Peer 1: 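Notes on a complex, acetazolamide with Carbonic anhydrase 2.
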Amino acid sequence: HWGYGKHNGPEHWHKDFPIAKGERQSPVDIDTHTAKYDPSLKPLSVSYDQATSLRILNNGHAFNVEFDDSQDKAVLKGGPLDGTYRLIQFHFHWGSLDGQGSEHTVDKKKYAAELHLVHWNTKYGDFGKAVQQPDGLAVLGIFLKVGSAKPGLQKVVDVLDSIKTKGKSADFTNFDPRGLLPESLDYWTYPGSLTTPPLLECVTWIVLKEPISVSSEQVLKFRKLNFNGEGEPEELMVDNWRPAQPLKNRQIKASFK
Ligand SMILES: CC(=O)Nc1nnc(S(N)(=O)=O)s1
Ligand SMILES: CC(=O)Nc1nnc(S(N)(=O)=O)s1
Ligand SMILES: CC(=O)Nc1nnc(S(N)(=O)=O)s1
Ligand SMILES: [Zn+2]
């Protein structure tokens, strides 16, 4: 029964998930001046041309756009990664206000939201096995700032009315996640964790430097979602972000100067 409220939010999670206090937790603050340029980091290879979206689900914590990950259709390779990582889902974290919502921060700056494209290492066969491995997942994180609309986001925005409450899903086929990416694939990378329980330390984080712009109306629609199920008192789905965790014995690497 974890969540984002005063009595079950991030400061409480450690009681049920003691790895919350572990050595490689996420998110973190990205101190841009202390990140180390690593010229041997390769360009990211984002291969989403054959991506097959299936469904969108309100899980009571966020909404997930799910993909067919039973073949190498949408994969992430390159960068800091060895091998092939299949896209399973994407989701966002966002705030009640435009000045908060991201999980990662950049020189302590918070963005209005953060997109997470979640991928798992095919050598482990399935996501459940991958999350038990230190190199099991690769999450591509993209910041959202409020300004001009993101045309490639609007099909997601438009369906949210149909998944207002926890447990609701809708068909969501033929969505092209390439429409969510910024122009540049410059990134920061570090070893971390899932940012929600069970907080497993299985993630290679790849956080893009360049934010995408979304409109105020687009993020306002995110904020009309509900944490609660249908027929329960309304709890707006806002502030579903974990704050930055201690970096501990990690160095953030940059792909760019
Ligand atoms: C009633 C209640 O608080 N149940 C909880 N279950 N897990 C929680 S936690 N520590 O993961 O936030 S709180
Ligand atoms: C199925 C799945 O992807 N679960 C996740 N839990 N937390 C995640 S995050 N915020 O670290 O990307 S992904
Ligand atoms: C075009 C471009 O790169 N814009 C940026 N805005 N902020 C940046 S950040 N995350 O490095 O602070 S990069
Ligand atoms: Zn996330």
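We're sticking with the PDB entry numbering for chain A, so the shown stretch reads 4-125, 127-261, in order. Atom set for the values below is all heavy atoms of this structure, side chains included, hydrogens, waters and symmetry mates excluded. Both counts, for ligands and for their atoms, begin at 1 and track the order of listing.
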Peer 1: By ligand number or chain letter, where is each copy of acetazolamide?
Peer 2: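 That would be ligands 1, 2 and 3.
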Peer 1: Identify the binding-site residues of acetazolamide (ligand 2) using a heavy-atom cut-off of 4.0 Å.
Peer 2: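 The heavy-atom cut-off picks out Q92, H94, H96, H119, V121, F131, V143, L198, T199, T200, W209.
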Peer 1: Looking at the neighbours of acetazolamide (ligand 2), which other ligands or ions sit under 4.0 Å away?
Peer 2: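 Within the cut-off sit ligand 4 (zinc ion).
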Peer 1: Which residues listed in UniProt as substrate binding sites of chain A come within 4.0 Å of acetazolamide (ligand 2) at the heavy-atom level?
Peer 2: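 By heavy atom, within 4.0 Å of acetazolamide (ligand 2), the UniProt hits are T199, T200.
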Peer 1: At less than 4.0 angstrom from any non-hydrogen atom of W209, what atoms of acetazolamide (ligand 2) do you find?
Peer 2: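 It comes down to these atoms of acetazolamide (ligand 2): 11 (O).
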Peer 1: Can you tell me the protein heavy atom closest to atom 4 (N) of acetazolamide (ligand 2) and the distance?
Peer 2: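 That would be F131 CZ, 4.0 Å.
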Peer 1: By UniProt annotation, which domain of chain A makes up most of the contact surface with acetazolamide (ligand 2)?
Peer 2: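 The majority fall within the UniProt domain Alpha-carbonic anhydrase.
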Peer 1: Residue and atom of the covalent bond to acetazolamide (ligand 2), if one is modeled?
Peer 2: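 Covalent bond: none.
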Peer 1: Quick sanity check - which UniProt Zn(2+)-binding residues of chain A lie within 4.0 Å of acetazolamide (ligand 2) on heavy atoms?
Peer 2: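 Of the UniProt binders, a heavy atom is that close in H94, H96, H119.
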Peer 1: Write out the residue and atom name of the closest protein heavy atom to atom 6 (N) of acetazolamide (ligand 2), then the distance separating them to 0.1 Å.
Peer 2: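 Residue, atom and distance for the closest contact: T200 OG1, 3.1 Å.
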Peer 1: Considering only the protein, which heavy-atom contact is closest to atom 11 (O) of acetazolamide (ligand 2), and what is its distance?
Peer 2: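 So the nearest neighbour among protein heavy atoms is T199 N, 3.0 Å.
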Peer 1: Give the atom numbers and elements of acetazolamide (ligand 2) that come within less than 4.0 Å of a heavy atom of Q92.
Peer 2: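 So the atoms of acetazolamide (ligand 2) that pass are 1 (C), 2 (C), 3 (O).
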Peer 1: What is the closest UniProt-listed active-site residue in chain A relative to acetazolamide (ligand 2), with its shortest non-hydrogen distance rounded to 1 Å?
Peer 2: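 Nearest UniProt active-site residue and heavy-atom distance: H64, 8 Å.
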Peer 1: May I ask you to list the atoms of acetazolamide (ligand 2) that are less than 4.0 angstrom from any heavy atom of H96?
Peer 2: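 Contacts of acetazolamide (ligand 2) toward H96, numbered from 1: 10 (N).
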